[PDB]
Amino acid sequence: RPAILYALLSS
Amino acid sequence: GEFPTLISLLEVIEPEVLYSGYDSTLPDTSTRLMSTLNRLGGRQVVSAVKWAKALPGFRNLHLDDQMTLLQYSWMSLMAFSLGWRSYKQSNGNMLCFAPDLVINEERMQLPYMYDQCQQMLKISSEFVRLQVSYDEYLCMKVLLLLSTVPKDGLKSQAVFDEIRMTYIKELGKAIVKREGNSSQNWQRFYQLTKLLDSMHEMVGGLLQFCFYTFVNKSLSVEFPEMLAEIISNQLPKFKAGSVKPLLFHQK
Ligand SMILES: C[C@@H]1C[C@@H]2[C@@H]3CCC4=CC(=O)C=C[C@]4(C)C3=CC[C@]2(C)[C@@]1(O)C(=O)CO
């Protein structure tokens, strides 16, 4: 759900 | 193995300290101070994500578990790190949020600042009392990332259990390095895992005030998008009672 966090973890 | 050692990896992936850019030309206000601290905090959390991705084992977790652990533990990580910086810079006498943003006894007197700073100082005072080493601190900080979980468990529970065991053993190695006897080593492990357990209560109060400030915007304090996204997800889970701390000692 949290977009910035997911974008970071997706590399 | 020993080339590289896990503890040397933890030392090299630790992020550099960020600066706040705070403008102290004119007097403080609680609104502009808290908004500055939230903006710094969002940047620190981004650094914490990069750190977690670099932690051996973390990326073996399901992506949803990685998201959950960082969302549940971010305040513990940030408060613990603040405690370390305040220990090294002032022996816990002041709160060193950034090298250009140090909160002394007078800034704590600002409205709504005192109680939260008192809780943060308590963390720093524990590093002083226990004479925590850098390597003990680094291992303990990993364990905080792994200390707050959903009551319904994680998707990759078996991976998570093994990661936690690895870094518990690594904290043990950091203790043994201090060259005490086996009895002293077990006592110190008891003391440090008790400190880890106490973080849940010490950080729970910080989260409640954070949640309150986020929801009701008392004094209209700003949050960066990074924290607003995390808090918006974390708060309902915490409110529903769906989160549990993992404790080393029975409460
Ligand atoms: C009551 C809370 C505590 C929160 C934290 C405490 C830990 C921390 C360490 C840092 O060095 C930089 C930023 C943070 C993450 C910080 C900033 C402000 C806070 C969110 C808070 O004061 C608000 O909620 C204001 O709105």
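The sequence lines fix the lettering, A, B, ..., with proteins before strands; numbering per chain opens at 1. Just the heavy atoms: all of them, side chains too, but no hydrogens, waters or symmetry mates, feed the values below. Order of appearance sets the numbers: ligands from 1, and atoms from 1 within every ligand. How was it done? The header gives X-ray crystallography, 1.6 Å.
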Hey, which drug is sitting at ligand 1? vamorolone
By the name used in the PDB entry, which chain has the largest number of heavy-atom pairs within 4.5 Å of vamorolone (ligand 1)? Glucocorticoid Receptor
request  = Return the other chains, by letter, having a non-hydrogen atom closer than 4.0 Å to vamorolone (ligand 1).
outcome  = B
Identify the binding-site residues of vamorolone (ligand 1) using a heavy-atom cut-off of 4.0 Å. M34(B), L37(B), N38(B), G41(B), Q44(B), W74(B), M75(B), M78(B), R85(B), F97(B), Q116(B), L206(B), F209(B), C210(B), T213(B), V221(B), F223(B)
*Using a strict cut-off of 4.0 Å, indicate which atoms of vamorolone (ligand 1) neighbour a heavy atom of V221(B).*
26 (O)
State the atoms of vamorolone (ligand 1), each with its element, that fall below the 4.0 Å cut-off from a heavy-atom position in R85(B). 10 (C), 11 (O)
**Asked** Which of the atoms of vamorolone (ligand 1) are close to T213(B), meaning less than 4.0 Å from one of its heavy atoms?
**Response** 26 (O)
- Item | Nearest neighbour in protein (non-hydrogen) for atom 21 (C) of vamorolone (ligand 1) | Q116(B) NE2, 3.8 Å
(Q) Using a 4.0 Å cut-off to any heavy atom of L206(B), which atoms of vamorolone (ligand 1) qualify? (A) 1 (C)
Identify, for atom 12 (C) of vamorolone (ligand 1), the protein heavy atom at the shortest distance, and state residue, atom and that distance. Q44(B) OE1, 3.2 Å
For atom 23 (C) of vamorolone (ligand 1), closest protein heavy-atom neighbour = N38(B) OD1, 3.7 Å
Closer than 4.0 Å to some heavy atom of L37(B) - which atoms of vamorolone (ligand 1) meet that? 13 (C), 17 (C), 18 (C)
What atoms in vamorolone (ligand 1) come closer than 4.0 Å to a heavy atom of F223(B)? 26 (O)
When you measure from atom 8 (C) of vamorolone (ligand 1) to every protein heavy atom, which one gives the shortest distance, and what is it?
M78(B) CB, 3.9 Å
